[PDB]
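Just below is one structure, and these are the notes that go with it.
Note that chain A carries the PDB entry numbering, so the residues on display, from first to last, are 26-224, 228-250, 259-477. The figures that follow rest on heavy atoms only: side chains count, while hydrogens, waters and symmetry mates do not. Every number for a ligand or one of its atoms is a count from 1 in the order of the listing.
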Amino acid sequence: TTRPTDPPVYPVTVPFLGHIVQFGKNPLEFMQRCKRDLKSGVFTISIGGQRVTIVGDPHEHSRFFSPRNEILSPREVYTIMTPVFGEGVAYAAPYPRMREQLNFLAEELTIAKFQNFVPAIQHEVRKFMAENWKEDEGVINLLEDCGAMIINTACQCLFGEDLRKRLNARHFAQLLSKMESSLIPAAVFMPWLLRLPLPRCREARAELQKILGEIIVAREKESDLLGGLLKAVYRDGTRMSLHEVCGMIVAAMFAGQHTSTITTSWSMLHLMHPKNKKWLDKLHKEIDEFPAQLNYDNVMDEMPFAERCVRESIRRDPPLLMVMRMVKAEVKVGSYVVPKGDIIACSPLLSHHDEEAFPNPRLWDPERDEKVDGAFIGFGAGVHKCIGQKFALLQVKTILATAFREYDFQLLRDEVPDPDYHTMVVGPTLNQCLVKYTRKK
Ligand code: HEM
Ligand SMILES: OC(Cn1cncn1)(Cn1cncn1)c1ccc(F)cc1F
């Protein structure tokens, strides 16, 4: 079964690997085991004879990230999420409707769009803090409260008043919530591997669609994200259907909700920890210079340290652990060739723990730089680099800047939380994010 060019191979049984996943075993240790015993950063896990090739050598990142869809294809490997977004909507939109739709989305999230996003995000953060952090001091779940701030501020930024009246952020976040109710690794991993349907979350879509479809008529009967998606064309002259606009609105809120929530929480948890006083003080040296009301230029271009804070949070504990493609034509990676039919993967989690690229990788050090160019991949790279990355950072950084200007925070355990590997998109353990707020003097 070997070819003169293939990477080293580690056989596993499906049960044995199934067991590792179901039981939420640290996936970093398993991949680091493999990287060492096979003495290669590029290596294959043969599951049921089912080849998964990992680009775990940060010097080889571009070999994963740069090829076109026709060579390394995202479609086949994410097709299981189709019920999430709908049948002809993203990874399920046939060629070339997938790239066309992602690009429409991308175009709704450029820096020309962000106009008054910042004041809008500050007002929502301050409404929240005013409604929820009312006392001189009080106890909260930081993970839960960041997620609220993330949905509220996202919807305020992206949605018009008709939308926010019919579908409030609370509602939105429930509907989103009961979808990744069926995207746990323990349940998805095996049908993802076999090529089996997603094992409830199509009921939540049909609720949204009906709701949006009403909103959508109300408007055509009578410049936000919805309105921009509604104006989108396509190469062939036709526009997106209701079903496609709903699906891309979902893909959007879905993509950014859990990832940004988690990044904000890790950032705040590191910063508040007594051993990171130096950084919190550094953070203040930067943000104490600014007025009550921030602008785009303030947050995007005059907070380099806040940004390092966010970036290193995603570096140490990236929320998307692993990014995949189907190899459609064999591809050169390092001194190996990765054959047609392989699943090829590149893992932020694995590369962000490479000792050369990120020495002492468990130390959250905001002043760190990658020691191998392009080793950091928390938002991916190349053809499929994240296109909400700028909105994400504008959002998280404004929240950090707004929350730390008014409050101090005590973490109510001794150590920063354990990541919890039981969810698809990975964050700190919920019960471990209990925190005391203290209103500034
Ligand atoms: C902190 C927040 C975020 C993180 C950490 C993050 C992380 C990532 C990563 C690792 C990828 C690589 C995908 C791959 O190679 O398969 C990606 C892509 C992508 N992201 Fe994000 N992302 C974030 C926020 C968002 C937001 C807010 C949106 C939309 C509103 C978004 C939309 C997308 C899309 C459409 C792609 C891939 C497009 C394609 O397949 O060509 N992301 N993101
Ligand atoms: O890349 C994802 C899909 N994915 C990969 N593993 C689990 N889900 C996630 N993502 C990207 N940025 C933030 N989250 C994505 C790609 C496109 C999309 F529309 C949604 C979506 F979640």
- Item | ligand 2: drug name | fluconazole
- Count heavy-atom pairs within 4.5 Å of fluconazole (ligand 2) for each chain, then name the one with the most as UniProt does. Sterol 14-alpha demethylase
- Task: Number the atoms of fluconazole (ligand 2) from 1 as they appear, then name those within less than 4.0 Å of a heavy atom of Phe290, with their elements.
- Result: 22 (F)
- Message: As an exercise, identify every atom of fluconazole (ligand 2) less than 4.0 angstrom from a heavy atom of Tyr103.
- Response: 5 (C)
- Taking atom 11 (C) of fluconazole (ligand 2) as the point of reference, which of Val213, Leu356, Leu357, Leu127 owns the nearest heavy atom? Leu356
- Considering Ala291, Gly283, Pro355, which one's heavy-atom position lies nearest to atom 12 (N) of fluconazole (ligand 2)? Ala291
- Message: One residue to check: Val461. Relative to fluconazole (ligand 2), which of side chain, backbone, both or neither has a non-hydrogen atom less than 4.0 Å away?
- Response: neither
- Non-hydrogen atom of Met284 closer than 4.0 Å to fluconazole (ligand 2): no
- UniProt heme-binding residues of chain A with a heavy atom under 4.0 Å from fluconazole (ligand 2): none
- Query: Would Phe415 count as a contact of fluconazole (ligand 2) if the rule is a heavy atom under 4.0 Å away?
  - Reply: no
- Query: Listed by chain and number, which residues of other chains have a heavy atom closer than 4.0 Å to any atom of fluconazole (ligand 2)?
  - Reply: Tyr103, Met106, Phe110, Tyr116, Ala287, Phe290, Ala291, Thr295, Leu356
